[PDB]
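Here, erythromycin is shown bound to Macrolide 2'-phosphotransferase II.
For the single chain, residues carry numbers from 1 onward in sequence order. In each ligand, atom 1 is the first atom listed, and ligand 1 is the first ligand listed.
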Amino acid sequence: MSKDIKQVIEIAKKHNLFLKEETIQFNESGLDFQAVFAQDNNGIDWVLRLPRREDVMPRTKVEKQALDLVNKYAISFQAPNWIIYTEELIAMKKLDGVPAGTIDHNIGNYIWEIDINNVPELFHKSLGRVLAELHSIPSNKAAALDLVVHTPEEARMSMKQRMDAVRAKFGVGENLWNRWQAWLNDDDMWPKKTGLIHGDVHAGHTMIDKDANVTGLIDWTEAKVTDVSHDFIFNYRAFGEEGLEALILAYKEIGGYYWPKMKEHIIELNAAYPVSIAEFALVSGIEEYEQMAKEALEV
Ligand SMILES: CC[C@H]1OC(=O)[C@H](C)[C@@H](O[C@H]2C[C@@](C)(OC)[C@@H](O)[C@H](C)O2)[C@H](C)[C@@H](O[C@@H]2O[C@H](C)C[C@H](N(C)C)[C@H]2O)[C@](C)(O)C[C@@H](C)C(=O)[C@H](C)[C@@H](O)[C@]1(C)O
Ligand SMILES: Nc1nc2c(ncn2[C@@H]2O[C@H](COP(=O)(O)OP(=O)(O)O)[C@@H](O)[C@H]2O)c(=O)[nH]1
Ligand SMILES: [Mg+2]
């Protein structure tokens with residue numbers, strides 16, 4: 001670790017970031033980069049990304065564009081701001097608060113910061129406000145966005161195509177497939193509006209204060225303009241129908257896009273969860289996700 005800590009210090013120093021050596025901690029990271037936490041000489045907490053792959057700029061372009069949008073328009077939540085952004089180092093000040101929960105991959109569930117048997121209503125109220133603000137950001141006003149952008153019709157067709165791709169790469173259980181198709185063909189259930197979404201909203205990416213207000217969102221790699229419903233799935237899976245309704249309520253009442261079958265639609269999107277597991281398996285290539293997909297897909 002001494003080896004790595006000296007390199008971190010050297011790399012940071014090279015970008016005029018001066019760290020307290022004894023605060024440097026390494027996260028268990030993936031195949032794109034190594035996340036490092038450290039405090040600087042001014043007393044400010046930082047998050048560093050040490051790149052593990054080539055072509056950092058092309059691979060981060062979309063995420064940076066999303067961050068640029070959110071930092072430009074949003075006030076109800078913090079998002080990362082890459083003050084240092086090079087092929088050798090990406091660094092940003094740590095957002096306030098702590099993750100609402102962190103995934104333990106052994107048990108296949110969260111280690112919660114909040115009381116899962118008594119979820120504070122402020123979590124839903126604040127996340128509702130946050131998502132409402134995010135999803136109303138006028139991404140159309142940008143001159144050269146490289147984000148995926150769907151009209152409502154395109155969002156529906158995207159799911160249709162993604163599902164076919166999964167029926168054909170993994171094969172899909174008959175019963176599961178037919179529920180999906182019934183969903184796709186229900187014109188009235190589908191949203192008639194899209195917006196800029198985070199795309200990976202879950203407890204590990206929602207920073208909360210001591211009162212469980214969502215004060216920030218991290219990890220914007222999945223940002224795009226599409227069905228807003230993806231940002232509600234976490235609430236349903238973690239908190240059940242009550243948590244989903246609570247989020248929809250707050251969102252609707254502060255001006256978020258709402259339609260009569262929104263809840264039903266999100267529940268159907270949840271039933272399509274296997275599509276995402278299958279895709280991450282295909283992409284990452286990891287057996288657990290493979291089998292997880294295989295089970296989820298009911299093959
Ligand atoms: C409730 C408790 C469960 O959590 C959820 O269901 C939340 C709500 C999922 O998000 C939901 C909701 C949504 C929108 O993601 C936030 C959706 O995309 C995924 C498929 O399911 C999470 C986070 C998924 O992660 C995401 O998987 C994607 C394939 C890639 C994505 N990311 C790296 C790019 C990643 O974060 C995924 C697969 O469940 C993580 C693996 C480890 C699990 O199977 C773990 C054990 C979960 O079952 C869980 C903790 O028990
Ligand atoms: N508390 C806190 N943790 C962070 C912050 N930024 C990153 N992290 C942690 O570092 C981990 C990796 O960051 P992330 O951008 O999600 O990397 P990725 O999961 O590989 O895409 C996250 O799961 C967080 O636990 C932050 O601003 N505050
Ligand atoms: Mg992450």
Give the place of erythromycin in the structure, all copies included. ligand 1
Hey, looking at atom 5 (C) of erythromycin (ligand 1), which of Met292, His205, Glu288, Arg237 has the closest heavy atom? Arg237
Of the listed options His202, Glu279, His230, closest to atom 14 (C) of erythromycin (ligand 1) (non-hydrogen atoms): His230
Short list, please: which atoms of erythromycin (ligand 1) are under 4.0 Å from a heavy atom of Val201? 16 (C)
Does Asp200 approach erythromycin (ligand 1) within less than 4.0 angstrom via side chain, backbone, both or neither, non-hydrogen atoms only? both
Below 4.0 angstrom from a heavy atom of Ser276, which erythromycin (ligand 1) atoms are there? Numbered from 1 as shown, please. 20 (C), 29 (C)
Enumerate the atoms of erythromycin (ligand 1) whose separation from the nearest heavy atom of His105 is less than 4.0 angstrom. 42 (C)
Of the listed options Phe280, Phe232, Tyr273, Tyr236, closest to atom 43 (C) of erythromycin (ligand 1) (non-hydrogen atoms): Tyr273
For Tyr289, atoms of erythromycin (ligand 1) separated by under 4.0 Å from a heavy atom: 42 (C)
Give the atoms of erythromycin (ligand 1), by number and element, whose distance to some non-hydrogen atom of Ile277 is under 4.0 Å. 38 (C)
Within the 4.0 Å heavy-atom shell around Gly108, which atoms of erythromycin (ligand 1) are there? 46 (C), 49 (C), 51 (O)
Tell me the organism the entry assigns to chain A. Escherichia coli
Just to be sure I read this right, does erythromycin (ligand 1) sit under 4.0 Å from the backbone of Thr221, its side chain, both, or neither, counting only heavy atoms? neither
Quick one: what's in the binding site of erythromycin (ligand 1) at 4.0 Å, using heavy-atom distances? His105, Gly108, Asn109, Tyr110, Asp200, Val201, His202, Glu222, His230, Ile233, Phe234, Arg237, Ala238, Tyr273, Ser276, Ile277, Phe280, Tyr289, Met292
